[PDB]
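Tetracycline repressor protein class D bound by doxycycline.
Each chain gets a letter, A, B and so on, in the order its sequence line appears, and its residues count up from 1. Numbering of ligands and ligand atoms starts at 1, following listing order. These values consider heavy atoms only, across backbone and side chains, with no hydrogens, waters or symmetry-generated copies.
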Number of protein chains: 2
Amino acid sequence: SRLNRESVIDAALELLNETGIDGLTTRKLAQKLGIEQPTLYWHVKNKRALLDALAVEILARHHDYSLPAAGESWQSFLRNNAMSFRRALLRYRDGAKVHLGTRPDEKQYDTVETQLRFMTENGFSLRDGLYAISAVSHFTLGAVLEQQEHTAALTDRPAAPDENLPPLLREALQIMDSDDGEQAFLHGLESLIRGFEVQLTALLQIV
Amino acid sequence: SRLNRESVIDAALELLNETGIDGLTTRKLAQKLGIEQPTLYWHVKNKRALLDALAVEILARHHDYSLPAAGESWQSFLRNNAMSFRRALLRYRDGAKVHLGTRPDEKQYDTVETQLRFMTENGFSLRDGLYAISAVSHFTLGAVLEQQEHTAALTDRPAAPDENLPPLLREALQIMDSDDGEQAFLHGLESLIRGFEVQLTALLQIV
Ligand SMILES: C[C@H]1c2cccc(O)c2C(=O)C2=C(O)[C@]3(O)C(=O)C(C(N)=O)=C(O)[C@@H](N(C)C)[C@@H]3[C@@H](O)[C@@H]21
Ligand SMILES: C[C@H]1c2cccc(O)c2C(=O)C2=C(O)[C@]3(O)C(=O)C(C(N)=O)=C(O)[C@@H](N(C)C)[C@@H]3[C@@H](O)[C@@H]21
Ligand SMILES: [Cl-]
Ligand SMILES: [Cl-]
Ligand SMILES: [Cl-]
Ligand SMILES: [Cl-]
Ligand SMILES: [Mg+2]
Ligand SMILES: [Mg+2]
């Protein structure tokens, strides 16, 4: 079919969403596209190339809160940004796995510069701003990852009997599985943001 | 070679550390063990079985701070536990990927019950205790994941030119790569723990 960047990415993203990160192989991508492998190799040289581009395009399509509103608090911005990041990562199977270990792409430079600049404008050093942004990303990535993988592990094998569970775990597990991970994520998110605040506002005060 | 659980796990863990989660295939495990595939299948039925058992055994070997010291603060316990979790996950390649989406194993029940109980003894509801423990796990998993995958992505392809970078990103990237991720992790960890505290101690007070 069509082999421009957009369509290769389209198809890869579909393939990723079907079969996960394990099924995103250049052989299987060729089959989806209805092409031979040397044809695909002209456009895509290897899996890592593809993963990097999927990471970028997942956010370009589905990460709608990359930048703060006018006069937005840094706390509101991080909260909205994280929610948005999470939603984007959850949109495709292994979406979070695809992002891991990437660094911002040239197409993301202005955006991520603005984010970094905004944190500094709000009282953070670059370093402390970056630590906050990293922490929010990492927390969100792990939350999504554990959600997405747990759901995949369910399809493979079942959990063991309820019968053997000690009571707080048994209850913990019901809570965990009472939603998709969203409640615990939002709660963790506010914790995290408030700790940044405690840190920012302490300035030199031992805190 | 020997095909008891311990030795299958030994060899899988070696295989995982060599070739990562992609190379942990029952075919390649058979080759490492020097056995035929039907021989291996008797002991290990599929990849997910193996992943679950590796998740458990990684912590059994290398997660040394699972339980609080006598009279330890919950804040100290989370900090020490997280450090310990991180160290365990970083010990093997894709160690964090292996953990994702698991739930506690029967062999971990007493431990994780004690952890849950301890948080409740320290003022948390089960639910808020679990949200704190989840948040600490997720943050730590994402931190480790992004560290481990970034290092793998380096071996594949290089970062693009420094030349095009806007200045705060350029600086951010040096900071990020000034250590293995540890400084940012520890900083994020204290933020997170202090936000739990703010939340715990607020009780009913709007906070
Ligand atoms: C500042 C970026 C950065 C800087 C240095 C090293 C890095 O690895 C990064 C990132 O990876 C970032 C992202 O991935 C973003 O998700 C990122 O690229 C992104 C975006 N394109 O809008 C975000 O919304 C960010 N958000 C907190 C989840 C986040 C970035 O802020 C950083
Ligand atoms: C309470 C456990 C739990 C409860 C309900 C659903 C879950 O998925 C879990 C976990 O997955 C936990 C872990 O993985 C631990 O890492 C876990 O199993 C573990 C351990 N074996 O010592 C830890 O140190 C924990 N730590 C915060 C990283 C953590 C556990 O507390 C939880
Ligand atoms: Cl074309
Ligand atoms: Cl605001
Ligand atoms: Cl044997
Ligand atoms: Cl203490
Ligand atoms: Mg990133
Ligand atoms: Mg776990």
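Looking across the whole structure, one can locate doxycycline at ligands 1 and 2. Going by heavy atoms, the other chains that come closer than 4.0 Å to doxycycline (ligand 1) are A, B.
Using a non-hydrogen distance threshold of 4.0 Å, A:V112 registers as a contact of doxycycline (ligand 1). In this entry, the organism cited as the source of chain A is Escherichia coli.
Remark: distances from the non-hydrogen atoms of B:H150 to doxycycline (ligand 1) are all 4.0 Å or more.
Of all protein heavy atoms, the one closest to atom 8 (O) of doxycycline (ligand 1) is A:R103 CD, 3.4 Å. The single protein non-hydrogen atom nearest to atom 23 (C) of doxycycline (ligand 1) is A:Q115 NE2, 3.5 Å, given as residue, atom name and distance.
Between A:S66 and doxycycline (ligand 1), at least one N/O pair is under 3.5 Å apart. Considering backbone and side-chain N/O atoms, A:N81 comes within less than 3.5 Å of an N/O atom of doxycycline (ligand 1). Measured by non-hydrogen atoms, the distance from doxycycline (ligand 1) falls under 4.0 Å for these UniProt Mg(2+)-binding residues of chain A: A:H99.
For doxycycline (ligand 1), the atoms sitting less than 4.0 Å from at least one non-hydrogen atom of A:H99 are 14 (O), numbered in the order shown with element in parentheses. Taking each of B:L169, A:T102, B:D177 in turn, the one with a heavy atom nearest to atom 4 (C) of doxycycline (ligand 1) proves to be B:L169. Taking a cut-off of under 4.0 Å to the non-hydrogen atoms of A:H63, the atoms of doxycycline (ligand 1) that pass are 20 (C), 22 (O), 23 (C), 24 (O). Near A:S137, meaning under 4.0 Å from any of its heavy atoms, are these atoms of doxycycline (ligand 1): 27 (C), 28 (C). Atoms of doxycycline (ligand 1) found under 4.0 Å from any heavy atom of A:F85, numbered from 1 in the order shown, are 16 (O), 28 (C).
Taking atom 11 (O) of doxycycline (ligand 1) as the reference point, the nearest protein heavy-atom neighbour is A:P104 CD, 3.9 Å. Intersecting the UniProt tetracycline-binding annotation for chain A with heavy-atom proximity to doxycycline (ligand 1) (under 4.0 Å) gives A:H63, A:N81. Put simply, atom 28 (C) of doxycycline (ligand 1) has protein non-hydrogen atoms near it, under 4.0 Å away. Using 4.0 Å as the cut-off, the other ligands and ions neighbouring doxycycline (ligand 1) are ligand 7 (magnesium ion). Near B:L173, the atoms of doxycycline (ligand 1) lying under 4.0 angstrom from a non-hydrogen atom of the residue are 5 (C), 6 (C). Residues contacting doxycycline (ligand 1) within 4.0 Å (heavy-atom distance) are A:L59, A:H63, A:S66, A:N81, A:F85, A:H99, A:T102, A:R103, A:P104, A:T111, A:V112, A:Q115, A:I133, A:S137, B:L169, B:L173, B:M176.
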Does doxycycline (ligand 1) have any N/O atom under 3.5 Å from a protein N/O, and what are those pairs and their distances?
| residue | atom | partner | partner atom | Å |
| --- | --- | --- | --- | --- |
| doxycycline (ligand 1) | 14 (O) | A:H99 | NE2 | 3.0 |
| doxycycline (ligand 1) | 22 (O) | A:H63 | NE2 | 3.1 |
| doxycycline (ligand 1) | 22 (O) | A:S66 | OG | 2.8 |
| doxycycline (ligand 1) | 22 (O) | A:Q115 | NE2 | 3.1 |
| doxycycline (ligand 1) | 24 (O) | A:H63 | NE2 | 2.7 |
| doxycycline (ligand 1) | 24 (O) | A:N81 | OD1 | 3.3 |
| doxycycline (ligand 1) | 24 (O) | A:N81 | ND2 | 2.9 |
| doxycycline (ligand 1) | 24 (O) | A:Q115 | NE2 | 3.4 |
| doxycycline (ligand 1) | 26 (N) | A:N81 | OD1 | 2.7 |
| doxycycline (ligand 1) | 31 (O) | A:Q115 | OE1 | 2.6 |

